[PDB]
Trainee: 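My questions will all concern the structure given below.
Position 1 is the first residue of the sequence, and the numbers go up from there. Each ligand, and each atom within it, is numbered from 1 in the order the structure gives.
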Amino acid sequence: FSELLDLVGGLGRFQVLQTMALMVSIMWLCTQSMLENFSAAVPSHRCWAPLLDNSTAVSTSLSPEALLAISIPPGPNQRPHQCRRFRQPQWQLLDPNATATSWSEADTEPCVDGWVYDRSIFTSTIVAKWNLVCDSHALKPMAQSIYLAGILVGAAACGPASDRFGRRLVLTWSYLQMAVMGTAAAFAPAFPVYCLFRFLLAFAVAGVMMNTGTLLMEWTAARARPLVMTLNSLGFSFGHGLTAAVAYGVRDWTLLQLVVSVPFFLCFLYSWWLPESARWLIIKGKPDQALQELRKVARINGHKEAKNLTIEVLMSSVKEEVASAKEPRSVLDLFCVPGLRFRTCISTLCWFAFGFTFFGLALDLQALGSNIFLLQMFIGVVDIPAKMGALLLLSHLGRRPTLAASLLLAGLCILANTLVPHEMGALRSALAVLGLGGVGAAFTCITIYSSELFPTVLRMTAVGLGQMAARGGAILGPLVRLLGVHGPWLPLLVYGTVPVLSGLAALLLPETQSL
Ligand SMILES: CC(C)(Sc1ccncc1-c1ccc(C#N)c2ccccc12)C(=O)O
Ligand SMILES: *[C@@H]1O[C@H](CO)[C@@H](O)[C@H](O)[C@H]1NC(C)=O
């Protein structure tokens, strides 16, 4: 097949333009995925109390601190209890002579009158709008997990649909669905509707990712292919910084969601100018349309070759693809081969570790540090050089030590956040940034490495297994946080042990550098 690109030009003006456009689309995609850090931030909260909140009631010489103590008992975090209040005002607690032994838990009640939230940092968030707190605290990670599960469903759907309807058309309708579902998610009235709309948005996102990957690889020459995939991965690194920049200015989750959704309308517009997959069309036996697209691309590259192509070379040079694609090969076939089974196990577990760790950590930054805006921007800042160095090291030390070191370093960096004492926020934030950068480098390493571990026929199906495993682990990511009720060390230790274990497994993979 390559000869057609070598004729039309495999890395010309057209490829540069298309790469820039799809990288921009991925930037906005990353903003969409990161948003739940800022759209669902948990502001500090307490029960509503008659003395504290009824501004028309009798004011007194007592300051707000003393009244707060008179109204609400202390919680485990050496801070006001976040879910219950005193049944009757504890005037006896005004004195320093008082002791907490004076009040029974029977003297306390849950927030019958609802909650009061801090508005200083975020003006409005999902948590404060639909009271996803206390008894309902499980629902926030539930929302994140549902969003991530929509991606698994979307991939399983968009595979067949993309083959039936073509890459560009599915990408276009995916952009449109992202726009419509996202703007609806901003205005939605009630939490079930928000869950539904986030799920459909995930259904769109899966298609965007898969079809972008397919479209870039088809039009890119073989030797430049890893670099193009690396740029597609750097799009997310820039997306982190974009999320920080947007969230700093916009503090209202309705407006934030609306702002990050609208740009996808523009992608719907300019995706109409991009060309359809040539290989898909030729497989569909339509050489006239494929040749129209090809000579259009050649015109963009300014070549003379528009006068030289014929349908016979177009069809014949793809005859091998047409013949080989007929075979009934899927995941079950991959598991049969004696020499491939161990490779499959370890590769799948590496994808699983990536999804698990990244979507566990990157969506609750509020727990890893002290200022989530700067933490987001620094995740971007560290991810960029981490991925570029990952490429520059992967091409020299071999896939095996590069991937193994990436995963092991990421896991050990995250584990360090358990051991460093809670109050040292600066060092903890730095370690968290480094760990997430390590996971990004591991993503690049595994993307390139998995493509080489398998024979050319099974390559794409094995990559499919890997991606599905990554999404499966991402779904479990958020649920791990529910264990945090028993303490913060347990969720973070679970997040840290898995990537280290998979890294020690990655060390056993066969090398594939051209040694
Ligand atoms: C889960 C994956 C494998 S990826 C994905 C899906 C949804 N949200 C974000 C990402 C994502 C996470 C880390 C990356 C890194 N480094 C990255 C790079 C490029 C594109 C997406 C990601 C998929 O379903 O395809
Ligand atoms: C607030 O205090 C005023 C004081 O006159 C009272 O009339 C009113 O019922 C109170 N409302 C609430 C909700 O506490």
Trainee: What's the name of that drug at ligand 1, by the way?
Mentor: verinurad
Trainee: Which chain is the chief contact partner of verinurad (ligand 1) here, under the naming of UniProt?
Mentor: Solute carrier family 22 member 12
Trainee: Which TM segments of chain A end up near verinurad (ligand 1), like under 4.0 Å by heavy-atom distance? Count them from the N terminus as UniProt has them.
Mentor: 2, 4, 5, 7, 8, 10, 11
Trainee: Check the entry and name the source organism of chain A.
Mentor: Homo sapiens
